[PDB]
Student: 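There's a structure below that I have some questions on.
One letter per chain, A onward, in the order of the sequence lines. Following the PDB entry, chain A residues are numbered 21-264, in order. Shown for chain B, in order and in the PDB entry numbering: 19-264. Just so you know, ligand 1 is whichever comes first in the structure, and atom 1 is the first atom listed for that ligand. If you're wondering, the header gives X-ray crystallography, 1.8 Å.
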Amino acid sequence: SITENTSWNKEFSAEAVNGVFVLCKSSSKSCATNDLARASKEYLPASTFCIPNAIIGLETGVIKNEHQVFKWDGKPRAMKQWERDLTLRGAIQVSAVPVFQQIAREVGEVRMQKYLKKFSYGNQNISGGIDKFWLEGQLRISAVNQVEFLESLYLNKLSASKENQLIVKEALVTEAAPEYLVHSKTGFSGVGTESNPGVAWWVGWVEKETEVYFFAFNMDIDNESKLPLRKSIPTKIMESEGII
Amino acid sequence: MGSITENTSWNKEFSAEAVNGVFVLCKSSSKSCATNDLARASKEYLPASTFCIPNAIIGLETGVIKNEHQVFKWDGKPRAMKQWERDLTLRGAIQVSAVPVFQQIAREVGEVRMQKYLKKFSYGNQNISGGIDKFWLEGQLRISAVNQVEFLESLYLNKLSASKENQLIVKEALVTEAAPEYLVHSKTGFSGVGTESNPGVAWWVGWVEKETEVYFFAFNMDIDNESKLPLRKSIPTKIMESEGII
Ligand SMILES: *C(=O)[C@@H](NC(=O)[C@H](N)c1ccccc1)[C@@H]1N[C@@H](C(=O)O)C(C)(C)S1
Ligand SMILES: *C(=O)[C@@H](NC(=O)[C@H](N)c1ccccc1)[C@@H]1N[C@@H](C(=O)O)C(C)(C)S1
């Protein structure tokens, strides 16, 4: 069940952004959103994919453990912040595509397909190349599906060891206050064009007091300068709901 | 750890605030440690609330605490601090130092088991006399800054005699600051103000994961006035900043 909250629209109008935000208290039974249609519309996950990719890496033993260091070979990578040795959290935090690309090759198509089917992860379409299907391929997932997936990870109810789920959850912490903890992950596919814009994501959950909130945001983006709105619009919405 | 080295330069921030105390900082890759004062680094003090860390691990491991999603329900009967009068998750109890919560956990663990696990953890003098529900607050239990960093390293590496899953549960509960380049896990403690002649102690212990390095730390200081309590974070923090760690 998803309900439309009219007042959340103000935040998108301000910035002239087309997107959606989905927010759920306690569980994904009752969610609220600014747009019913766009909530269940599926988009390329881009780097929000790090999350199932990491779980599957651990599960398959491609990632040996919590403390493994992904060594840089010294060959050029597409961003300078990727040009260094990285732990798992480091790689998640800076969206180190090359690291996740090598994890995906090692997992292979067959296991990758099996796990996204196990995880009900979006359209579960991994075609287009094993090291790029989440970046430019045909894989697609909605804000609503993201919240369900993160809810299952929160409850240790994904098909993976509780241990591997805990390791990933800790790698995902992005903000810690006495009153609450935020785990979240960004994604950005690219600019595309004006006639066909890329998509930008922010997804995660907030543990506050004894309560938990799951969120997922995306928006059309045709200019990298618009990128901060992927955090600032949903932060505004949560700040105004007293969640952060 | 494998080695320790005195660096008296760190006495700077202590003198500046008229404070007697110690900071112990170790680099996990090199296994080597530095401190402003070797002597005080080895001296043993009441853990106070830093003891929440083994207490929570022992609670999980004996099954007294069910899991991280366990809620510790407030009965409603007034408690010693307003922030304790609310339901609390494990993290919640750790974060505000909810004494009565850990007292109940200790009571259900019991003396025999508590004794056992402090032996496994090599936790300080392992002395739990004084009542199973206050030995860490007003009893005979003492631990040093050095012992504290060794115990943390073990927790970090999942080497304590407890399940990896239970160690992970507590490790997450301990996160107190997050940033893209580093994660801090830590826990404070404060025994009380004691006296000008017999001061109390305040602690800040923890670890920082930055790039591919991990730094373990333990701070303690004498305290005879609550006005000085924020020093237990501001001094170690200035030192880790000057070392480029946070
Ligand atoms: C995940 O979303 C990654 N994005 C991509 O791989 C895109 N192909 C890309 C877009 C822009 C620049 C480089 C690659 C990472 N996400 C971006 C972000 O979160 O801002 C990134 C720049 C860190 S790469
Ligand atoms: C852990 O350190 C706890 N401290 C105590 O229970 C002391 N016995 C105490 C000292 C002074 C006043 C009241 C109790 C908790 N941590 C303290 C703190 O961090 O300030 C506390 C006072 C919140 S209780």
Student: Find the chain with the greatest contact count to ligand 1 and give its name in the PDB entry.
Tutor: beta-lactamase OXA-10
Student: Provide the recorded name of the drug at ligand 1.
Tutor: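 At ligand 1, it's ampicillin (open form).
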Student: I'd love to know which other chains sit under 4.0 Å from ampicillin (open form, ligand 1), counting non-hydrogen atoms.
Tutor: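 Other chains under 4.0 Å (heavy atoms): A.
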Student: Would you say ampicillin (open form, ligand 1) has an N or O under 3.5 Å from any N or O of A/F208?
Tutor: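 Between A/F208 and ampicillin (open form, ligand 1) (N or O atoms, distance only) the closest approach is under 3.5 Å.
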Student: Identify, by atom number and element, the atoms of ampicillin (open form, ligand 1) in contact range of A/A66, meaning under 4.0 Å from any of its heavy atoms.
Tutor: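 What qualifies from ampicillin (open form, ligand 1) is 2 (O).
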Student: In terms of atom number and element, which parts of ampicillin (open form, ligand 1) are under 4.0 angstrom from non-hydrogen atoms of A/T206?
Tutor: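 Near A/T206, meaning under 4.0 Å from one of its heavy atoms, ampicillin (open form, ligand 1) has 19 (O).
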Student: Please identify which atoms of ampicillin (open form, ligand 1) are closer than 4.0 Å to at least one heavy atom of A/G207.
Tutor: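 Answer for ampicillin (open form, ligand 1): 2 (O).
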Student: Does atom 10 (C) of ampicillin (open form, ligand 1) have a protein heavy-atom neighbour under 4.0 Å away?
Tutor: yes
Student: Looking only at distances, please establish whether an N/O atom of ampicillin (open form, ligand 1) is found under 3.5 Å from an N/O atom of A/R250.
Tutor: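 For ampicillin (open form, ligand 1), there is an N or O atom that lies under 3.5 Å from one belonging to A/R250.
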Student: Geometry only, no angles: is A/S67 polar-contacting ampicillin (open form, ligand 1) at N/O separations under 3.5 Å?
Tutor: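 Such a contact does occur with ampicillin (open form, ligand 1).
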